[PDB]
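Opening remarks: the structure here includes estradiol.
Chain naming here is simple, since letters A, B, ... match the order of the sequence lines and numbering starts at 1 in each. When a ligand or atom number is given, it counts from 1 through the structure's own listing order. Header entry for method reads X-ray crystallography, 2.8 Å.
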Amino acid sequence: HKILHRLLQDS
Amino acid sequence: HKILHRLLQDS
Amino acid sequence: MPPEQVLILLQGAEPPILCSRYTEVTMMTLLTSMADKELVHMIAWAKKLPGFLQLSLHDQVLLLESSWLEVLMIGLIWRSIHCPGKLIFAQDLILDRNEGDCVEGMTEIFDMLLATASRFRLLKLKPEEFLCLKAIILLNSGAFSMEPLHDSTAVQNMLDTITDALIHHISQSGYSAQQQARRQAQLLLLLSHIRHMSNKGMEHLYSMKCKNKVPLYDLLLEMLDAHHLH
Amino acid sequence: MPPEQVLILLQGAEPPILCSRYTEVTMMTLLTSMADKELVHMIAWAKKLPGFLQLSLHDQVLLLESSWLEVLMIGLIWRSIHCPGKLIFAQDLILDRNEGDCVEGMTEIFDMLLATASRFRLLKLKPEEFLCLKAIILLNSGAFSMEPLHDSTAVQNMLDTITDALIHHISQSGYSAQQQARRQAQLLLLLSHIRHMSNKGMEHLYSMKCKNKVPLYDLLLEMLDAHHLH
Ligand SMILES: C[C@]12CC[C@@H]3c4ccc(O)cc4CC[C@H]3[C@@H]1CC[C@@H]2O
Ligand SMILES: C[C@]12CC[C@@H]3c4ccc(O)cc4CC[C@H]3[C@@H]1CC[C@@H]2O
């Protein structure tokens, strides 16, 4: 995973 | 000049 | 979903206006700082695009990984459309062609952006046109790199909805059926040059940081590493 | 000049069908040999394009110097449109994706060409469409690199005549006004990916020959040297 995966699964 | 200059000024 | 609503949705999805806060390291820090900050909001921008969230997480990262620099530069060009010989990265960060000398090879990249900016004026580019282009850039990427799209057709569906939105916009801008069909051509032909600057920007941003001169940003570096250059 | 005559003129200007006559050096020799031979006839092809000869000699070299690899690859892709997993460089020179391993980094470039070939099928690309694209490629280049165009508008005039020819062709191919205006979009969006492969091909062809492994051709090397890479 990445920070991209985090920012995309945010709200 | 180049070979391009020659081939362009050809016929 | 009708296209005229698509044009309003594209405007609503627009990221916020950002602000900032020179030698080689300073120039690079300032531009890479602005890139990382815009990268964060570009993630939010993509999510608001219709159908983007319905894609798999694997496809969402794929489009953003492939086009993030293109998306950045069209944004920088569009902010500088009405300021000549100057690149408007942020409202309080105004650079001209001259001070690119501080960075090796930078002054080369600035001119292609500035020429693309001066082009946008001559075409009298409109904001709706820019919104579709920047959106089209995101989805026209991920057509090869590599990696495959799980739902390649769903992305084309979103691409065709933005295509129809740009078509609709031009159909009611005061253009006859002769210049109507050609304005679309003149705008899409610009995408090749933007992609060209993308490959030049990626390669420049890779030589740096491999020269250990780019600050540690965890998002910017993840996006560069997503291309796996050598 | 009416567009339907432009479509016939583009067909008439087509270069002849060429023939040829594996390890790393052999693969590179064969492909660079075919490139140099096609480069010679590509000069003749450009001269036949309407308005090309009326340009200055400075502008004629400029468009060919900037787009020669793009023009080459769309030709190679178009010859391989109806042969899967295979690149048809010449009629008697048929290569598949597998034997690109002989050259370092070659197998990467083959896949983008093959994907662009498989794309052309799905779009059911027609010969008239390809002729305008390959022509449009030549003139859409020279929009930045660098070097300026003496008569930048004359080139846009020739670009708009080919734009109208491609538009005319689509207007009578069995497409409604909804898909008519979008087929133009789907074909022009391919130009970004082709330009991308151009930058990858140029950079690959530069690493070679700088590794002293590309045969001495005086035209091919003049065209690579025209980009002045490092
Ligand atoms: C990516 C670079 C730093 C960040 C720059 C930027 C930063 C922010 C932005 O909105 C656009 C651009 C385009 C040019 C980019 C530069 C081109 C080369 C350099 O590596
Ligand atoms: C330019 C290369 C050799 C010549 C190849 C060629 C040669 C002839 C042709 O019609 C098309 C192409 C496209 C791919 C090219 C190759 C890509 C990398 C290599 O350097």
Worksheet item: Per the PDB entry, what macromolecule holds estradiol (ligand 1) with the most contacts in this model?
Response: Estrogen receptor
Practice prompt. State which other chains have a non-hydrogen atom nearer than 4.0 Å to estradiol (ligand 1).
Written response: C
Worksheet item: What is the residue-level binding site of estradiol (ligand 1) with heavy atoms closer than 4.0 Å?
Response: C/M28, C/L31, C/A35, C/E38, C/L72, C/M73, C/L76, C/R79, C/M106, C/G201, C/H204, C/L205
